[PDB]
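Chain letters run A, B, ... following the sequence lines, proteins first, then strands; residues in each count from 1. In listed order, ligands and their atoms are each counted from 1.
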Amino acid sequence: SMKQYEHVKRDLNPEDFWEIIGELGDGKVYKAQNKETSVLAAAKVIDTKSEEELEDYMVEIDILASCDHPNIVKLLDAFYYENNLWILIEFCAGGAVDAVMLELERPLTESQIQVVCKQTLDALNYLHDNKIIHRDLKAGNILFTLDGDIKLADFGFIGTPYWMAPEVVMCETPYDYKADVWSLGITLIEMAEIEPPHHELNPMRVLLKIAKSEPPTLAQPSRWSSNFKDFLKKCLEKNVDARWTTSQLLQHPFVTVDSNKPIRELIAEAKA
Amino acid sequence: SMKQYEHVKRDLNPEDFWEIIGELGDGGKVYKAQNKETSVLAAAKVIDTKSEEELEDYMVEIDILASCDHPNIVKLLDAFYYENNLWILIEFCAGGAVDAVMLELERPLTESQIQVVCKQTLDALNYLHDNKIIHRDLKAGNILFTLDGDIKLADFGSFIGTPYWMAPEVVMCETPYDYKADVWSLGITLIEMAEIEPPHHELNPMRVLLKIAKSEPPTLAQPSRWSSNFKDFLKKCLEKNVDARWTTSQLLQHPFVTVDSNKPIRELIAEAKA
Ligand SMILES: COc1cc2nccc(Oc3ccc(NC(=O)/N=c4/cc(C)o[nH]4)c(Cl)c3)c2cc1OC
Ligand SMILES: COc1cc2nccc(Oc3ccc(NC(=O)/N=c4/cc(C)o[nH]4)c(Cl)c3)c2cc1OC
């Protein structure tokens, strides 16, 4: 009885409604501006030959379209036109966290990590609450807004192993919510040190290390608070049942923060 | 990379987690259930799903409901597939359906009461339309009262069915989107709340189809009893030209749906309780 129409428009030119006004990253992500509202979007134009592949993407689009949280990036539009799939999502002016680290040539401060951790955790907890796993949480997928806030995105064969949880590597089997928590732990170290743990190792050797080795730690413990190192121990726990949920982590003192000023200042340096 | 798990539990007995108290409607069977661990109240529907092709058809409706998050739309609390039954549990709305209240009390709603229901229902519908969902069966039987005096929109469930709420363009099979047909049905629902019965209720159902296709839009039986704001709101809903008929976004700007209080409905429930 209740019917939901498709989230991708058809037989309509995207550029009738959005002007491409530049390039943001090098596949290619574009910057677009709505011709009627002036709203800014990031746009991705993915080549969709296989109609079986379009259905595979449209699944990810449906999940994104149904999400409604301030710390998860919103889908503004989607089109199928002349065999391309355009995805337009809310523009996050501060850019990705990894790009900020590469531009400034510095890791984040603990104060900055703290804000990102708390907001990312709010996003993730909402996903988990709605039976969604992110699966690719890393610093490259955390975006800064302009007001100093985080939005979680997904920029896009086994792939890169650095953020993978031991139970996924060891194929230990109902749900994989905890794997996102592990990845959050790796992401925090990545923001503290620019690169994730084991970055210097061959990808095959990293799989071995994740399966066989003690959880990764910060390279220089004395530079960081006990709250932070403790928070890491809860995320980077190899026993899946001992590893904390996002709901438990929200009660941790490390994410008892109030101001987003560290991030406002970080993106004021980046803008200069 | 993002993955969504299924909204329906499997290999698990629903009655491990929910106790059936009693029955709510035998108008299918809707049950009243209470969570064994939280004490939360639900309405439960236990639908027989022999056909695996039918289960997929229901699971689609469950996904839409699970993704909705609005105060004026009924929330899915749980869903199970167990021993060939599909259990659907949704938030319990203690006041029941609007049509049943009118039939029990033997009176229509007042304009003040219609105004609250219209505004809240319009917030729900506008949210649906915004998210590319059409309700398709908007009638007074699908508007539920809460204890507090609010509305939640529900859906109780080659045959044609009943015609009274059908839009002219659907009857005349004129055709991309049918958002406007919900707006027409909203108009019919308002008259239904003003008069208990929908327009043309006294006519043969075939003659109702004829009337919808061929006649001037339906009107209130006694226009002098109702404000100009209300009748004007109706004219925007019950416009046979689909392009002239207002969207829910346009209707939200209408003065009829500026309301600051649900007190008319709280008082309606206080009459019913007496
Ligand atoms: C200021 O600098 C940037 C700002 C950005 N603001 C918002 C979005 C940006 O890039 C994207 C990141 C992810 C997605 N997509 C996404 O999250 N989901 C999907 C899912 C599928 C199948 O298709 N895309 C998109 Cl569209 C764009 C940005 C890239 C920038 O330059 C670095
Ligand atoms: C006090 O009296 C009642 C109170 C009620 N409170 C809440 C819900 C009630 O009935 C339902 C109404 C709708 C649905 N379902 C619904 O809205 N959607 C779906 C979606 C799918 C696939 O399957 N049903 C259900 Cl379960 C139950 C009620 C029925 C009553 O007695 C009249």
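- For ligand 2, the recorded drug is tivozanib.
- In the deposited model, most contacts to tivozanib (ligand 2) involve the chain that the PDB entry calls STE20-like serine/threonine-protein kinase.
- Within the structure, the other chains placing a heavy atom under 4.0 Å from tivozanib (ligand 2) are, by letter, B.
- The atoms of tivozanib (ligand 2) that sit less than 4.0 Å from any heavy atom of B:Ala154 are 13 (C), 17 (O).
- The shortest N or O to N or O distance between B:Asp155 and tivozanib (ligand 2) is below 3.5 Å.
- Close contacts between tivozanib (ligand 2) and B:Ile62 involve ligand atoms 21 (C), 22 (C) [criterion: under 4.0 Å to a heavy atom].
- Set against the non-hydrogen atoms of B:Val30, the atoms of tivozanib (ligand 2) under 4.0 Å away are 10 (O), 27 (C).
- Atoms of tivozanib (ligand 2) found under 4.0 Å from any heavy atom of B:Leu24 (numbered from 1 in listed order, with element): 30 (C), 31 (O).
- The heavy atom nearest to atom 23 (O) of tivozanib (ligand 2), out of those in B:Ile88, B:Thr146, B:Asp63, is found in B:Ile88.
- Neither the backbone nor the side chain of B:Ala97 comes within 4.0 Å of tivozanib (ligand 2), counting heavy atoms alone.
- Contacts between B:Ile90 and tivozanib (ligand 2) below 4.0 angstrom, taking non-hydrogen atoms only, involve the side chain exclusively.
- Atoms of tivozanib (ligand 2) lying under 4.0 Å from any heavy atom of B:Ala43, numbered from 1 in the order shown and given with element: 7 (C), 8 (C), 9 (C), 10 (O), 27 (C).
- Residue and atom in covalent linkage with tivozanib (ligand 2): none.
- The distance criterion of under 3.5 Å between nitrogen or oxygen atoms is not met by B:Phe92 with respect to tivozanib (ligand 2).
- Contacts between B:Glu91 and tivozanib (ligand 2), counted as non-hydrogen atom pairs separated by less than 4.0 Å, involve the backbone only.
- Of the candidates B:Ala44, B:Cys93, B:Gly25, it is B:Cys93 that places a heavy atom closest to atom 4 (C) of tivozanib (ligand 2).
- Of the residues of chain B touching tivozanib (ligand 2), most belong to the UniProt domain Protein kinase.
- The contact set between tivozanib (ligand 2) and B:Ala94, taken as ligand atoms under 4.0 Å from a residue heavy atom, comprises 1 (C).
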